[PDB]
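This entry carries oseltamivir carboxylate.
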Number of protein chains: 2
Amino acid sequence: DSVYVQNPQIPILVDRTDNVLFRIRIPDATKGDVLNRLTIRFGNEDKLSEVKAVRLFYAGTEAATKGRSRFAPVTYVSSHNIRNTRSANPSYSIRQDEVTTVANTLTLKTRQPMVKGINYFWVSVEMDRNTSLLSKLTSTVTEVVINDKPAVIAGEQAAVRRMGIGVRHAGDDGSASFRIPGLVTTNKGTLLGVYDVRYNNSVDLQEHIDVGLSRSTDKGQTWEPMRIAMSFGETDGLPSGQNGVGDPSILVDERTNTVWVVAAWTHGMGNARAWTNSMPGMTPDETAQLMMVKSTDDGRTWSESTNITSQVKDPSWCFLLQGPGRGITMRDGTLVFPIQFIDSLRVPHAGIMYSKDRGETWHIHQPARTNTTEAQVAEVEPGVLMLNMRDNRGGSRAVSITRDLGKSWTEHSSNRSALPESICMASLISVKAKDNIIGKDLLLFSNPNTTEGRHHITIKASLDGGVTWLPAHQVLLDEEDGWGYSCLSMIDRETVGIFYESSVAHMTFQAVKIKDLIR
Amino acid sequence: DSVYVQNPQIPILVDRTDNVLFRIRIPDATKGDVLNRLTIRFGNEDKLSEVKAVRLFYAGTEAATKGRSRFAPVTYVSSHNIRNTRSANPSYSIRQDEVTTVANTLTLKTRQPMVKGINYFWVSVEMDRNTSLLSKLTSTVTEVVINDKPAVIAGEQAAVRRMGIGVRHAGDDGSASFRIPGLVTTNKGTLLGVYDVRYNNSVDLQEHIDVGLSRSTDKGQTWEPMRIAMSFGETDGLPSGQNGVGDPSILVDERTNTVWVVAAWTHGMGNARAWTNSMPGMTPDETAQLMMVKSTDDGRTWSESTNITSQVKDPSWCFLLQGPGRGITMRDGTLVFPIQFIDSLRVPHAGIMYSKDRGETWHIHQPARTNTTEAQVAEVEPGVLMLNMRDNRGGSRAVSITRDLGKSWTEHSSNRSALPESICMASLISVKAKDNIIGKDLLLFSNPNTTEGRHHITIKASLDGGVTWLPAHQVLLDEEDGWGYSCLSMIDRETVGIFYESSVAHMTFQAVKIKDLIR
Ligand SMILES: CCC(CC)O[C@@H]1C=C(C(=O)O)C[C@H](N)[C@H]1NC(C)=O
Ligand SMILES: CCC(CC)O[C@@H]1C=C(C(=O)O)C[C@H](N)[C@H]1NC(C)=O
C-alpha cells in the first residue's frame, strides 16, 4: 500500500563501514508481506567510483507504545559504543542484500516475511577510504515492490548528502570519549584539531582528561595519529583522575606560525565537577589553573606547560578558564583567546585575554556581559573585536563589540536576536576579502541551530559584519542529536573546515565550499 | 589529631587483584603531612597463608562540595568497567607500599605529602586464587603515624570479612553486563547458576539478551566456562536485539535430577521495555513467550526451547513470565515455578505454576495478591506452599500460603510486616531437618535488607516456618550498592550458597555455614 522514506541530513563518514543513506518505515504490513525489490537512483553527476558498497538491512519492528512516525527502533550505527563505532550493530540490523559495484540504478532484494504493522529497513552506503571530502551523493528510492506490486513511496528524501571523516571515535586509543573541539589552519595550510581525551567516561573535569591533537597536511583527507598536546599525569603524587586538563582553545600566531593551546588544569577536587567545586585563591590546590603549551614545528611537537594563572586570574574568582574552540591573531599581530570567569558570587562572565608580545605575557580587563560563559572572538573590522557568547538566559547568542581589547564593551545590533541557541558552545571566525574566493569580508558561524537540545549543526555566513545571517547563506550538516560543540577554520581560499561533536563521531571533520554557503 | 577507618562489609573476591580491606579518611591534614606508617593486625586463627598481597593506596582528596563524612572520592574497584573489574582503577589510586608475605602484624609506609584538609588512603587485600570460600579475616588498623606521631584512630572496623568469587564480571566473554541470578544444587552436589547475558548494555528486555549458565563441581571454588542455556539469535529473520530471552528461573527435579530453566522470550518490540510493551494475545509477534530448556546430564548440555505459553497464559494478560531465581520439587514430586502476570488493566499479580508429570504439562490457577510481581516459593510443611512476594506498595514482602497449589490463598502472619524490602527480587528456600547439620526445619531468605535503595544484602534464617526472623539469625554479606537480586541453594548439609548481584561483581557466589546463621 504505502511506504515512508527518510534521507537523513547527516555526514557520510569515509572511514566508516556503514552509513545511514535511507531509513524506511512500512507502517501497516500484513504478516507475510515481503519487500521483494527496492530500486535506488543516483544523480548523473555523482562519482559512483567512490562508493565501495550499498547494503539493505532489516531492523524488525517498533514497540506498541512508541507510535508510528519514527524511522528506526534504535540507533543503527553507534557513535558511543567503544567496541564498534564503524559498522551497524549486528544485533539491531540483519543484512538482506549487498552490491559492491554501484551504477546510477541499483536494485536491492529481500525474502524476509514482515510482521503485522510497522517494519523497518534502511540502506547503508560505504565509501572508499580515499573518497573526496567535497563529493556529494543525490540518492532517491524510486521503486519499492511488496508482493510483486509497486507500493506508494512518500517522504522528504531529496537531501544532497555530504562526506565527512571521523577523526576521533569513542574507544579510539583506549579513550572512552573525546569532547570540546578546537581547529586552526597553520601558515603551511596544516589543519590542527584539539580536544579532551576523556579516558574513564564522558564527564567534565574533574577526571582523567588530557588535551589531544590531530594533524592533517592534506586538507583533512588523512589525519596523523593522536599526539598529547598537554597532560599532568600523577603530578604532586595525586591520581591522574585528580589531575585532568581540558576545554582546550588553540590559535596560530599568524606572524611566526607559533601555535598556542590554552586549557584548564584541575588539581585534586575528588571526582566532582570543577564548574561547582573550583574555589577562590591562586594555587593549584585552591583553584583551576590556566595552562599553555606551544609548537614551533607546525604542531608536530609541543612545549612543556607554563602556568599563566598569576598573570590574569583575580584571586576572588572561583574559576578562570579559556573559552573552548580557538583564538585569533589580529591585523596588528595581537594574539586573542576568549575567556570566562565565575566571580565570588558564582556569576559567570565572558571576556577576552590578549598578548602583544608573541604570547610572552597575557592580560584580561573587563567582562563583556553577565551570565555568559563560552565565547569565540573575531576581528569583524580593523581594531574591532566581536565577542559571540553562550547566554544562560537561553534562546539566542549574546553579541558585544570592543575596540580596546575589553576595557569597554558595546552591545551589537545582533545581540540576543540574530543567532538562536540552546545554551551551547558556538564557533565564529572572520575571513578577509583577499583570503577567500568570494572576494568579500565574511563572518562564519557554527552551532546547533535550535533553542532546544543539540542537533541541526549548521554553518551560517554574514556579508555585513554579523548584522544579518540570511537563511540562504547556511548549510545544514547534522540534523540528529550530538554533544553540539564545533570549531571553524578556513582550509584554503575556497573551503571552510568544521571540527565538531556530531551524531556520527565524537570528533568529526567536514569541508564545505564557500560557494555552497554563498550564491 | 584524629583519623577515621572503615572496614567495609563487602565480599573479598578470590579472583580479584584488589579488594577494599580498609578505607581511611584523614579529615584535617596540614599541607606536607606524611602518613609515615600504618599497622594492621589479623586475629590468631586467620589463615594468612591464603593472603597473596596487601597494598596501601593514595586516592588524593575530596571535592569542596561533598562534605567530610565520606570514606572515598570515587569507587576504587569498578564492577561495571568492561575493560577492568579485577584491579583498582590506576587513574584513581596510586600504590604507596606492598607486602607479599603477611604476618599477624603488618606495617605499610608512604612518603606522599598530603594536601590541606581531606586525604584518602585505602588498604587492598589480594587472596590466593584457591582461597577457601569459607575462610574469614578479622583485621584492625592498630596504629597510624603522621610526622612520627601516632594519631588517634576512630571508626567501626570490627567487621568479620568473608570471601566470595566473581563468577561473572561486566565485560566477560564480550558481554556488557549480567543480571537476574538463579541457583540450584543438583542431586550430584553440582551448583548451577543462571543469569541474563546482556551483550549491548544493562537495560531490560527488549534487547540482545541470552540466558547463560555457570557450573561448579567443587562447591563454587571453580566455575566451568559459560554455557548458553537459552538463545533465540535471529529467529524469523528478526534482529537478535528484538529476540532477547531473560529473567531466568531454574529448578532441579529432585526425583530425576532433570534440571529445568524457564525464561521470557520477547520477539520484536523495537528497543523498548517489555514490561510496558508486551500486549494481550498468544503469538510471539503479540506477547512475551514462556520458554523452557532442560538438562539430563547435570547441566553440561541443554535441550532446544519448548513453548509453554499455550498451556498456562490467559490471552487477555499483557505479560506472563516466571518469577526470576529458582523453583522447587515438593515432597510429592510436584515441580513448582513462581510466576507473575500483568492483567488487561496493567495490574501485576504473583502466583505459582506447577507440573505433576515431570514437567510435561504446566498449570496456573489463581493469583495470590494484587500489585505483586517477583516471588519465590518454598514448601514450609508437607503439601503447604509459602509464596514470598515483591510488593509495589513498598516497605515489606507480601507472604501468602496455599495448600491447593494456588486455587485458594491465605495471608501468612508475617505478611507485610516481618521482612523489609525496597521493592526488589528476594530468594526464599526451605531446608528439611534430616538434610542439614542443625537437625531442624529451616527457611532461608535473602534480599537487600532496606526500605530504600539496594544494599545490605543479607541472609536471614527462621526456625518457626517464617513466623519469626530473629536479628541474631542473619548474616550481612554486602552493605554497598548493587542491583540487589539474589538466589539461595544449600551446597551440602552444613553450608548455604548465595548467587547474587553485588557491589563487587555482576554475578557473585558466597558460601555461609548454617552455624554462622544459627549460633
Ligand atoms: C565551566 C562551566 C561550563 C559552562 C556552563 O561548562 C561546560 C559545559 C559543557 C556542556 O554544556 O556540555 C561541557 C564543557 N566541558 C563544560 N566545561 C567545564 C570546564 O566543565
Ligand atoms: C514485569 C517486569 C519486571 C517485574 C516487575 O521488572 C523487572 C525489574 C527489574 C529490577 O527491578 O531490577 C529487573 C528485571 N529484569 C525486570 N524484568 C523485566 C522483564 O523487565
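Chain letters correspond, in order, to the sequence lines: A, then B, then on. Chain A is numbered as in the PDB entry; shown residues: 34-552, in order. For chain B, we keep the numbers from the PDB entry: what you see runs 34-552, in order. Method of determination (from the header): X-ray crystallography, 1.9 Å. These numbers come from the heavy atoms of this one structure, side chains and all, not from hydrogens, waters or symmetry mates. Read the numbers this way: they start at 1 and go in the same order the structure lists the ligands and their atoms.
For oseltamivir carboxylate (ligand 1), the chief contact partner in this model is given in the PDB entry as BNR/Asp-box repeat protein.
Other chains with any heavy atom closer than 4.0 Å to oseltamivir carboxylate (ligand 1): A. The closest approach between a heavy atom of A/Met458 and any atom of oseltamivir carboxylate (ligand 1) is not below 4.0 Å. By the 4.0 Å heavy-atom criterion, A/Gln239 is excluded from the residues contacting oseltamivir carboxylate (ligand 1). When non-hydrogen atoms are compared, oseltamivir carboxylate (ligand 1) lies under 4.0 Å from neither the backbone nor the side chain of A/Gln373. Residue contacts with oseltamivir carboxylate (ligand 1) for A/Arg306 are absent, since no atom lies close enough (heavy atoms, distance under 4.0 Å).
Proximity annotation for atom 3 (C) of oseltamivir carboxylate (ligand 1): of A/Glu407, A/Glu534, A/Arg487, A/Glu407 comes nearest, heavy atoms only. Of the protein's non-hydrogen atoms, the one nearest atom 9 (C) of oseltamivir carboxylate (ligand 1) is A/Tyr518 OH, 2.8 Å. The proximity of A/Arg231 to oseltamivir carboxylate (ligand 1), defined as any non-hydrogen pair under 4.0 Å, is limited to the side chain. Of the listed residues (A/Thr309, A/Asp280, A/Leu238), the one carrying the non-hydrogen atom nearest atom 18 (C) of oseltamivir carboxylate (ligand 1) is A/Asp280. Defined by non-hydrogen atoms within 4.0 Å, the binding site of oseltamivir carboxylate (ligand 1) is A/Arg212, A/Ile213, A/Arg231, A/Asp237, A/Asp280, A/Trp308, A/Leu354, A/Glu407, A/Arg423, A/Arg487, A/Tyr518.
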